[PDB]
Q: 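Here is a structure with niraparib.
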Amino acid sequence: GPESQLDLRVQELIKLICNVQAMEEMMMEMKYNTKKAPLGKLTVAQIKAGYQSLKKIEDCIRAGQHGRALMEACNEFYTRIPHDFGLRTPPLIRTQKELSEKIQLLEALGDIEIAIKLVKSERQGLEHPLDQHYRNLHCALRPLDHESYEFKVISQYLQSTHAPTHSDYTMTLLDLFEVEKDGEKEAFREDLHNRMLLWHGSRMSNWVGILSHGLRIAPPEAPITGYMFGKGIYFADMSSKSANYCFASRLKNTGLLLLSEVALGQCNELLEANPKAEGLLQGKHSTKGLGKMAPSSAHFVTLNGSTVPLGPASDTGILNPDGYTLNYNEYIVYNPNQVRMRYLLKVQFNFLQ
Ligand SMILES: NC(=O)c1cccc2cn(-c3ccc([C@@H]4CCCNC4)cc3)nc12
């Protein structure tokens, strides 16, 4: 029809996150039967039925049941959520990392179902499909100049916080956008102290659901498997730590990074893992996992009432005597009204191949 009234950089962003064909590739790479259960026919009830199937699996794992009880619970999940292993027999889910891989499948399906409900809208004719999907996002995306001051700071925050033990790749900032989701500033806890700009990475199929619904907490019917500090919204002060959760590949080496204003408040500092630190706050507002390396406060600056923890990072003198020590920090909030998305980064992953 008529011309797209959006900036070309926004057009490329809408092009990249609304690629349903790309979500099919990622789902096929996770052994999801896109033929028997098409993504266009995915409903919330189907994902909810799979969540209840994973809960029965989590009960068998925590009860040591590795016999028929687990075989039928896995077959129930593999039936409600169809898979495709060729002519192979589907494997048994019995470990935390195996269970975590299946929950990440369901979390991805929920974000694809949101994106698919967005692309299959109507009002075709007057508005370009690019503007149609951007308007249905209900979230502003404004490109920033490469010579602007914000671009220099986010670039320094990008590279100076790249972890040393993540030498598998380097990251190049391609584009930078300003994020203003509708209804997010009206619920943000502006009263809370310890306002910091923290990283967050996610898979490519989750950005339409993230930009449109914000960062959400797991539903109650989902198992607690995989949450080191309970169900919440996890952030990090190291850019590469969050960029690993983008799961960029050598064939698909372009992902997105989200910078949000997190109202941490009084931090509950933890060392050992605890999937119930939410009930351990008692007046506190956030749980902070202490790592071995973190940026020092000497290089900290402020960007619109929020502290940017720039690098380079140094040793924190933190060690877990009776357990495992995190390499870097983890910030967890237990309510979406403590998070306000601000920046979106178009990041190119230069893998060490
Ligand atoms: N996504 C991030 O940028 C991120 C930054 C810092 C610490 C993080 C911890 N997470 C995280 C925590 C839990 C999970 C899932 C939740 C359910 C599926 N199995 C594990 C996935 C990611 N994500 C983090």
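The residues of chain A that appear here are 229-581 by the PDB entry count, in order. Looking at the header, which is where the method is noted, we find X-ray crystallography, 2.7 Å. All values below were derived from every heavy atom in this structure, side-chain atoms included, with hydrogens, water molecules and symmetry-related copies excluded. Counting convention: from 1, in listed order, for ligands and their atoms alike.
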Q: Of all chains near niraparib, which one has the greatest contact count, and what is it called in UniProt?
A: Poly [ADP-ribose] polymerase 2
Q: Tell me the organism the entry assigns to chain A.
A: Homo sapiens
Q: Most of the residues of chain A in contact with niraparib belong to what UniProt domain?
A: PARP catalytic
